[PDB]
Peer 1: 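Dropping a structure here in structure tokens format, bear with me for questions.
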Amino acid sequence: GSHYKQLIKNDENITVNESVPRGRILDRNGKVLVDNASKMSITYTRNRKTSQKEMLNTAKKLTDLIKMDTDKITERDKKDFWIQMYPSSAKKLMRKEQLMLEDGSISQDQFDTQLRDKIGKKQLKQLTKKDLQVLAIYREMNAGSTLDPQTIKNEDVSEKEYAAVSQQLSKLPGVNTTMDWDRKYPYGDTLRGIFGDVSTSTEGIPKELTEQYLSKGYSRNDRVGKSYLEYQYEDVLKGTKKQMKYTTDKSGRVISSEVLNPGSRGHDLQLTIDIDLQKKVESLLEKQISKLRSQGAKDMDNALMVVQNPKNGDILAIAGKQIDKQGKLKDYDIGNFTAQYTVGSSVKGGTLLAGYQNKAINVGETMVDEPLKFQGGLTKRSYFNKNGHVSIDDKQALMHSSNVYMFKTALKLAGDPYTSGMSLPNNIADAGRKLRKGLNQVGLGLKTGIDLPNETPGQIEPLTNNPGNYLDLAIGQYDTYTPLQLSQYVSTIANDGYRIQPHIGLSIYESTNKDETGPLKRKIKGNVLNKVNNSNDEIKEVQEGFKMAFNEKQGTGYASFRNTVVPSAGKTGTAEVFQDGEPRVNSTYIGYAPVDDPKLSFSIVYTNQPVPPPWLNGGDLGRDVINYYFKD
Ligand SMILES: *[B@@]1([O])O[C]([C]C([O])=O)[C][C][C]1[N]C(=O)[C]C1=[C][C]=[C]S1
């Protein structure tokens, strides 16, 4: 499978480079996710004046060494072929016409057309099974001449056939055999969008990526990582090419051979993914989509989940689906970090941390949740309390998913505490920057740092004199976020305030031998990006409100998470959106388990569900993943 790629001249002095096999990709338990697999091809090269009877002779020899698919053979192909495969039938068919041809009263053109008009009946069935074999090869030998090689067979080329033909090339003029490698995916479709692609050799480095690869010393012939993991880890996964140096003279006779580099296969790359958890998450996700649809959510068009270990940033599973109006799924795993959404009230843990650290509120502070009234009659209120007046804690605000507690926190942060009928503060630029700065510290609004390309930080619009948008930022209805940000954020809460870089790469192996990992070269770490600027009592208050959300009867997540096999904690969000002018919501869930020493965290995003008066319980997906992961 080793193509050349380079032949570098100098002092009558040639240097040739031979390609090497690409590293494998393994899950966290060593299971092979991305392998190499050999592909063989039989090719033909058509010369200046290589006759038709010669191509028929080479092809007949090939039928002894290979077996062919007899599709592709058009009826034109068979009719022509039939002419040689018995001339004195064709001659018996055109007694009269051959005499006119010789008289010069018809042309060869007219004669040919009329002959191929003259059979299809019982005497085209004269083609024996081996005839169709020779013709299946003949038809590919004529495809468009000049020394451009046409392929005779690509799929299903066996090793018996490759060998029999390779050792016969001196008797098979124009014929050739090639050995090439392609990526093999033992687990099928799972995670193919995250793995990415390598260029198809006929491609070489794609134009979009050219120059960037040439600036590293590669060639336009080289096969390279095109996207996502293959691209991200391209230079650990690529081998070191075998490089020979030759010194010739006069006419070219080599007098000294040099082995600059023997060559080595690429390093194996081990991921944080647990492929069995990944398959289980994917299966629960499809069951949850289908269950949500049968409950009315037939416009829901995305469903995404990230699963991490919050202590080290490891991405244990990452899955997404796009859903059409009939509930057919398309794989959309990369949407967890390339797509951004309005996530709603699940951000409110971050809002409180931002309030504490600017001393806008104190841990444990109570405020009255009630409809707020502003100048001119504009109102704002909490969903759970549209008409009443309730005194609540910061952690009860999280349990209930209070809007008004966060509005009041935002107004205190803007140096303008709520009073009934007030006009909203005119300039909130400095408050907005402080609120975004607080949210940024848990992962809401910056790139999380995932070791994959094309991560977005979400949509971040100006905060100057739009106090309405500013209050909306405090409840999750302004800036947009990715599911991976939600997961980084809940992980920060779960691990006592350390914001960690998510990573799907876990380690790199110094791989030398075929199908053997080798010794460990390098660990891929989730670096601590920052600790939140908050005291331990502030972090624990948010933890406690998250636990009450999942475990108290009034918590928005009680119905889904109160009976998880280990105690779980988290936060829900429901945000109003619109599709073709119809009211919808996004539903979002973050959480972690066990409460006491969390080893699992997740986020879930569904888009364009119906607006609840009927509350769907899409968090059951998180319940189910928790119950599976802590089964034993
Ligand atoms: B918030 O995003 O989410 C809360 C409910 C939850 O945690 O799932 C309610 C208040 C906030 N959402 C809204 O104010 C807008 C709503 C859309 C559908 C019901 S409320």
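All residue numbers given for chain A refer to the PDB entry; the residues shown span 48-679 in order. Technique stated in the header: X-ray crystallography, 2.3 Å. In what follows, every heavy atom counts, from backbone to side chain, and hydrogens, waters and symmetry copies are set aside. Just so you know, ligand 1 is whichever comes first in the structure, and atom 1 is the first atom listed for that ligand.
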Peer 1: State which drug is present at ligand 1.
Peer 2: vaborbactam (bound form)
Peer 1: Just wondering - which macromolecule does vaborbactam (bound form, ligand 1) hug the most here, in the naming of the PDB entry?
Peer 2: Penicillin-binding protein 3
Peer 1: Please identify which atoms of vaborbactam (bound form, ligand 1) are closer than 4.0 Å to at least one heavy atom of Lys618.
Peer 2: 7 (O)
Peer 1: Applying a strict 4.0 Å limit to heavy atoms, is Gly620 in contact with vaborbactam (bound form, ligand 1)?
Peer 2: yes
Peer 1: Would you mind checking whether the entry has vaborbactam (bound form, ligand 1) attached by a covalent bond, and to what residue and atom?
Peer 2: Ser392 OG
Peer 1: Which residue holds the protein heavy atom closest to atom 17 (C) of vaborbactam (bound form, ligand 1), what is that atom called, and what is the gap in Å?
Peer 2: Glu623 CG, 3.4 Å
Peer 1: Could you check atom 10 (C) of vaborbactam (bound form, ligand 1) against the protein and tell me its nearest heavy-atom contact, residue, atom and distance included?
Peer 2: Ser392 OG, 3.2 Å
Peer 1: Looking only at distances, please establish whether an N/O atom of vaborbactam (bound form, ligand 1) is found under 3.5 Å from an N/O atom of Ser448.
Peer 2: yes
Peer 1: Considering only the protein, which heavy-atom contact is closest to atom 14 (O) of vaborbactam (bound form, ligand 1), and what is its distance?
Peer 2: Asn450 ND2, 3.0 Å
Peer 1: Any idea which atoms of vaborbactam (bound form, ligand 1) are less than 4.0 Å away from a heavy-atom of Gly391?
Peer 2: 2 (O)
Peer 1: Which residue from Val390, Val394, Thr619, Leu445 reaches closest to atom 7 (O) of vaborbactam (bound form, ligand 1) through any of its heavy atoms?
Peer 2: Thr619
Peer 1: What is the nearest protein non-hydrogen atom to atom 12 (N) of vaborbactam (bound form, ligand 1), stated with its residue, atom name and distance?
Peer 2: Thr621 O, 2.8 Å
Peer 1: Return the closest protein heavy atom for atom 19 (C) of vaborbactam (bound form, ligand 1) as residue, atom name and distance.
Peer 2: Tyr430 CD1, 3.8 Å
Peer 1: Report all residues and nucleotides of other chains within 4.0 Å of vaborbactam (bound form, ligand 1) (non-hydrogen atoms).
Peer 2: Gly391, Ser392, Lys395, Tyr430, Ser448, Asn450, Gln524, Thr603, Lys618, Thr619, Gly620, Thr621, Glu623, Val632
